[PDB]
**Q** 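Nordihydroguaiaretic acid + Androgen receptor, experimental structure. Questions below.
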Amino acid sequence: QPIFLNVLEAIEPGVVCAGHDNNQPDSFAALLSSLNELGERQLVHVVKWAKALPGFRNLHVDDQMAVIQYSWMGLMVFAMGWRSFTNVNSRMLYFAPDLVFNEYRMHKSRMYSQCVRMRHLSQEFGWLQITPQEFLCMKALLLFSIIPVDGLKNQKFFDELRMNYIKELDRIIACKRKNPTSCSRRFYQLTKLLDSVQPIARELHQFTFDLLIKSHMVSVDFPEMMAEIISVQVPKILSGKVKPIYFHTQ
Ligand SMILES: C[C@@H](Cc1ccc(O)c(O)c1)[C@@H](C)Cc1ccc(O)c(O)c1
Ligand SMILES: C[C@]12CC[C@H]3[C@@H](CCC4=CC(=O)CC[C@@]43C)[C@@H]1CC[C@@H]2O
C-alpha cells in the first residue's frame, strides 16, 4: 500500500462554493468580485491542505507561509482545470458549482484570453489521460515550484522536500508500466504539463494586480486576504524577486 497516496487522497479539499448571485446580469464587476470571494474561500483550504502534506511542517515556519503565498494561483488554476475536465469535459470553466463560466462569462470577465489558456490546460488532462493519482502528486509538486531568487530561510529543507515530491511522482508513474520508454515519455509529458501552469499563473498575477490597483474605479471588491497577498506578495513575483521553478527552460 502506498502511504504517500493515502495521504494526498485523504487531505484533498472538498467542493468550495463561490457565493455568486447567479440571478444578477453577468457583469465584469460581479463576475470578478465573486472570483475574488472565491479566492479568499479557496485560500483557507489551501492553507489547511498544505499544512497536512507529508514533510511540510519540517520547513521553517516563515517558509511555510511564503510558499503558500507564492504558489496559490498555480495550485488553484490547476485544481480548477481538473474540476473542469471531470465535471463538464472541459467545455466551460468550472470555477465553483455556482460559478461556471460559459463563453459569454469569459468575455464579460474581460479575461477571454486567459480563460482560453486555462481551458487548453483543462483539456490537457483529457488529452494526456491524467489519473487522479498523477493529478494529486502534480498538485503537491506545484506547491513547491516557485521561490525567491535569494532562496528561502532554510533553502536546504525545501530542496529535500521537493526532490521527494519529484520521486513520488516518478513512483506513481512506474507503479504499473511495462518498458522504460513510456515511463520516460510520460515523465517528460507530465513535467511539461506542470511547466505550462506557470505562464498562465503569471498572466493572472498581472491581471489581478492591475485589477486591484483600479479596484475603486471599477467597483470590484477584494476580500482582505486577497488584497494583502496581491499587494504584498504578487508584486515580488511581477518584479522578478520570486520566480517559478521550471523543469525545462522556457
Ligand atoms: C513526502 C515524503 C516521501 C515519503 C515518505 C514516506 C513514505 O512511506 C513514502 O513512500 C514517501 C518525504 C517528505 C520524505 C520525508 C521524510 C522525513 C522528513 O523529515 C521530510 O521532510 C521528508
Ligand atoms: C485572482 C482572481 C480571483 C481568484 C481566481 C483567479 C482565476 C483563477 C482561479 C481559479 C479558482 O478556481 C479559484 C479562484 C482563482 C484563484 C482570478 C483572476 C482575477 C481575479 O482577481
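Here chain A follows the PDB entry for its numbers: 670-919, in order, are the residues you see. Worth knowing before you read on, the calculation uses all heavy atoms, side chains too, and leaves out hydrogens, waters and symmetry mates. Ligands are counted one by one from 1 in listed order, and the atoms in each one are counted from 1 as well. So this one's X-ray crystallography, 2.3 Å, going by the header.
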**Q** Hmm, which bits of this model belong to nordihydroguaiaretic acid?
**A**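 It sits at ligand 1.
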**Q** If the cut-off is 4.0 Å to any non-hydrogen atom of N727, which atoms of nordihydroguaiaretic acid (ligand 1) fall inside it?
**A**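 Contacts of nordihydroguaiaretic acid (ligand 1) toward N727, numbered from 1: 20 (C), 21 (O).
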**Q** Give a yes/no verdict on whether any heavy atom in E829 is under 4.0 Å from an atom of nordihydroguaiaretic acid (ligand 1).
**A**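 No, that is not the case, since the closest heavy atom of the residue is not under 4.0 Å from the ligand.
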**Q** Quick one: what's the source organism for chain A in the PDB entry?
**A**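 The deposit names Escherichia coli.
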**Q** Strictly under 4.0 Å, does any heavy atom of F725 approach an atom of nordihydroguaiaretic acid (ligand 1)?
**A**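 Outside the 4.0 Å threshold, so no.
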**Q** Is nordihydroguaiaretic acid (ligand 1) under 4.0 Å from a heavy atom in the side chain of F826, in the backbone, in both, or in neither?
**A**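 For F826, there is no contact with nordihydroguaiaretic acid (ligand 1) at all, from either part.
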**Q** Identify which UniProt domain of chain A accounts for most contacts with nordihydroguaiaretic acid (ligand 1).
**A**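 That would be UniProt domain NR LBD.
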**Q** Pull out every atom of nordihydroguaiaretic acid (ligand 1) sitting under 4.0 Å from any heavy atom of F673, numbered as shown with elements.
**A**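 Result: 1 (C).
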**Q** Could you tell me which atoms of nordihydroguaiaretic acid (ligand 1), counted from 1 in the order shown, lie closer than 4.0 angstrom to a heavy atom of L830?
**A**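 In order of number, 13 (C), 21 (O).
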**Q** Just wondering, which residues come within 4.0 Å of nordihydroguaiaretic acid (ligand 1) on a heavy-atom basis?
**A**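 Counting heavy atoms, the site comprises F673, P723, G724, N727, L830, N833, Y834, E837.
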